[PDB]
K.L.:
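I'd like to talk through a structure of verapamil bound to protein C.
Lettering of chains proceeds alphabetically from A, tracking the sequence lines in order. Residue numbering for chain A follows the PDB entry, covering 5-463 in order. For chain B, we keep the numbers from the PDB entry: what you see runs 1-91, in order. Computed over heavy atoms, backbone and side chain alike; hydrogens, waters and symmetry mates excluded. Whatever order the structure lists them in is the order used to number ligands and atoms, beginning at 1.
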Amino acid sequence: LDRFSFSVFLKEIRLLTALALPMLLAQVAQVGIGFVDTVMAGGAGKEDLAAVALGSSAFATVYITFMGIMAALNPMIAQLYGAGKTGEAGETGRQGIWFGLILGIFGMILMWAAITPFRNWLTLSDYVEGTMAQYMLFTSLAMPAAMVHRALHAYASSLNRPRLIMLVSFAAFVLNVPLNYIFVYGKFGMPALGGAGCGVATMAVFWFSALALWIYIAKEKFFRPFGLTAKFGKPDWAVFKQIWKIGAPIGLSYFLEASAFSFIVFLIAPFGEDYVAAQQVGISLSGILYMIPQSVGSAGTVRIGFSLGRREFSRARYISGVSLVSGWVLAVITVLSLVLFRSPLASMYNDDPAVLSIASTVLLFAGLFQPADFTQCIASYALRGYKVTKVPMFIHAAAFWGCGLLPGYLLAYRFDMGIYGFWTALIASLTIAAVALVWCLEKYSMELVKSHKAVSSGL
Amino acid sequence: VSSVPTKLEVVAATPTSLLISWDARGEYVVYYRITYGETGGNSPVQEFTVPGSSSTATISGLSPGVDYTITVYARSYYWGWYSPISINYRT
Ligand SMILES: COc1ccc(CCN(C)CCC[C@@](C#N)(c2ccc(OC)c(OC)c2)C(C)C)cc1OC
């Protein structure tokens, strides 16, 4: 009962120069989809019933879920980048890009359809020239989801190595959304005002990033076999059925924060809804510098599952620590420059909707959860990142939601200034991964004892 | 005068049977053989045999999980034998 977690620190020898730092440039580009969202957010302010984002919100819902499913090939194609058939990774790449449709379609279809019931039983709302005019720009704001998957399937074939293009066609992305979002929300000659021609406009440029994929077979050697990518053999086509047990439980695990939804916003309004609701400059600026962080494991992820295929066993699972903690560096250094500062109401030209009279009982989980999970899921993003590992990550989060039961009404059930009160066993749900998760990672890190079935050959 | 095939890799098994995916970087004017004994020398030796870059294959794993010691064989231009490398890790 003392240490059922064996070798503690010894995810280590002398690795100091593990330059997993194209991984940064998975979130140097991935800041791109940050640095669009808020152009559309801070442009459709020239309409004040441009709370558009009300759609652009519960859109991400079915993108980011299904994006899980798709973030799933980040091993697939590294695992076989320890191979040679970049076309037998390709036949998969194609097979997913096909999938990339398929789902994107069937997803954007749920949107495409279901949407309407934005009014049911304990339910409804009615500024009609507002997002009712834009529930018809939920649709346009939706009709990429077919093409976005195919164009996030994009970075799943960045896996490999060259992450350069992703950086380009996202620096050549907010190249556009300004341009196109004005022209299509307003300044015509000729497409005047589908005013929330952000959703109309954004959706445009997916298709543009989409064939910012296509336009990068150009670079080196092929990953092109999209001749009628097909599905069938037995009951149903694998390298597709394969993509299932990886995909699924990362979306259904992205259903974590997809209920850090019903929580992060639900007791933002008791009888006290003031800066309690304003834990969005709280937990929106939580999310902002959370990506550059965590997104590196969703980038570490390659460096591993590939460096498994290249048969470098744990000559890589014992980098899945030297990454873990090279960001664990930043885990602290910017929780430091987190609780430290407060000036979210930057007074330059103006803000988006976050305004001046508020207390900063928010810097109080700029600590709590901020360094103590900075890491805690980039665990999986290397468990999957390496391995099968999200079959019990799905179930990693069987607690990270279902242990927030009263850690939901635990801000509202208090003894002190409990604003981070249900940030209870949800910043302690959140640190039951520094066990549960990485504790698993030095245990299955140590199947590279089981699988490295012969330490050292002749010379 | 040289060295072996080179690398040392059974990964594991389908319990009864086992993987054997070793260094064979290309082939030569080549051929392989793998020994198929355990580690007593009692239950005799057996000879799988293969060609291309193909030390990277697998067995017909016959019994439970006893200690099995299994060699692979180089062969090249002079119809003779680079050097064997060998290993025993059994289930
Ligand atoms: C996935 O949900 C989201 C997460 C973060 C953001 C970024 C927030 N932006 C800085 C915009 C300002 C925040 C704001 C809006 N829009 C907003 C924040 C959080 C919200 O609940 C999730 C919200 O309701 C949709 C609106 C203000 C007006 C209340 C938007 C999101 O969807 C709109």
K.L.:
Looking at verapamil (ligand 1), which other chains have a heavy atom under 4.0 Å from it, would you say?
P.N.:
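Within the heavy-atom cut-off of 4.0 Å: A.
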K.L.:
What are the neighbouring residues of verapamil (ligand 1) within 4.0 Å, counting only heavy atoms?
P.N.:
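The site of verapamil (ligand 1), heavy atoms only, is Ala57(A), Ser61(A), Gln284(A), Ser288(A), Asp356(A), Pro357(A).
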